[PDB]
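The numbers used for chain A are those of the PDB entry, and the residues that appear cover 1-99, 1001-1099, in sequence. Each ligand, and each atom within it, is numbered from 1 in the order the structure gives. Per the header: X-ray crystallography, 2.5 Å.
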Amino acid sequence: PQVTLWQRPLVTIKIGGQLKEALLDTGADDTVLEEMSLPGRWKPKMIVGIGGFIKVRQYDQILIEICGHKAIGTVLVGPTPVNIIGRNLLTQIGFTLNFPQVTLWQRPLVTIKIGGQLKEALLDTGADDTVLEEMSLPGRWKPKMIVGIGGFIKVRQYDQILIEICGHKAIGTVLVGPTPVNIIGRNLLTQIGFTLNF
Ligand SMILES: CC(C)(C)NC(=O)[C@@H]1C[C@@H]2CCCC[C@@H]2CN1C[C@@H](O)[C@H](Cc1ccccc1)NC(=O)[C@H](CC(N)=O)NC(=O)c1ccc2ccccc2n1
């Protein structure tokens, strides 16, 4: 039941009698889905992430069947370009992040070394790119723009940047911006042999 990050980690979920594809996002606390038909009463919670914010309707004790494994918990519903399975449900259906093994009961944080500085970063199977907080980074970049849930943010795209994550090396592309969390995305994650399990 191993899954690599070379491609986006998508799974089939049965929720509300219907079928959707979703992303397994070790970088999200919460599970959020596109605008779909779910019965019951909800809570007007607001969710936050890069690019800004978005409002969603909170449901509790909703049943969801991910890759044919049942789980019950809080699903959230609002405008998301992607269906996302966050950590609340991953923990339950038993998902582990291996590379020895990181559980999702807490946020998967590692300490990385980049540009001679030490930082704490989030292991995010839900991100295709690696985005770091604003820091001093020598070299040359190009002015790429990127998007999350609450909108979009401008960031500097340095390439060939070297990083030591939890005691392994990887050279690759890093982005630097106004993000509140350091994100280790799937591009560097693939180079250090992280995988998902059941
Ligand atoms: C990094 C980048 C390349 C931009 N990709 C992404 O950001 C993609 C974009 C995708 C398409 C749109 C829908 C979201 C998905 C998943 N995201 C990654 C995805 O992993 C994103 C990573 C992240 C973490 C923390 C803060 C910001 C952003 N997580 C999230 O958006 C989830 C939403 C949720 N769980 O309710 N955010 C959080 O879990 C979360 C946790 C702590 C926080 C503290 C302060 C402020 C915000 C905080 N947000």
Main binding partner of ligand 1, per the PDB entry: Protease
So what drug did they put at ligand 1? saquinavir
Would you mind finding which of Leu1076, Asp25, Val48 brings a heavy atom closest to atom 38 (C) of saquinavir (ligand 1)? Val48
Measure from atom 15 (C) of saquinavir (ligand 1) to every heavy atom in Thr1031, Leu1024, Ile84, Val1032 and give the option owning the shortest one. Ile84
Compare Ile50, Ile1047, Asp1030 and give the one whose heavy atom is closest to atom 27 (C) of saquinavir (ligand 1). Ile50
Any protein heavy atom lying closer than 4.0 Å to atom 45 (C) of saquinavir (ligand 1)? no
Considering only heavy atoms, does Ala28 approach saquinavir (ligand 1) within less than 4.0 Å through its side chain, its backbone, both, or neither? both
PDB source organism - chain A: Human immunodeficiency virus type 1
State which residues lie within 4.0 Å of saquinavir (ligand 1), judged on heavy atoms. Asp25, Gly27, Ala28, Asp29, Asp30, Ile47, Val48, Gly49, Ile50, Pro81, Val82, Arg1008, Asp1025, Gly1027, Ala1028, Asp1030, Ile1047, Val1048, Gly1049, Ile1050, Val1082
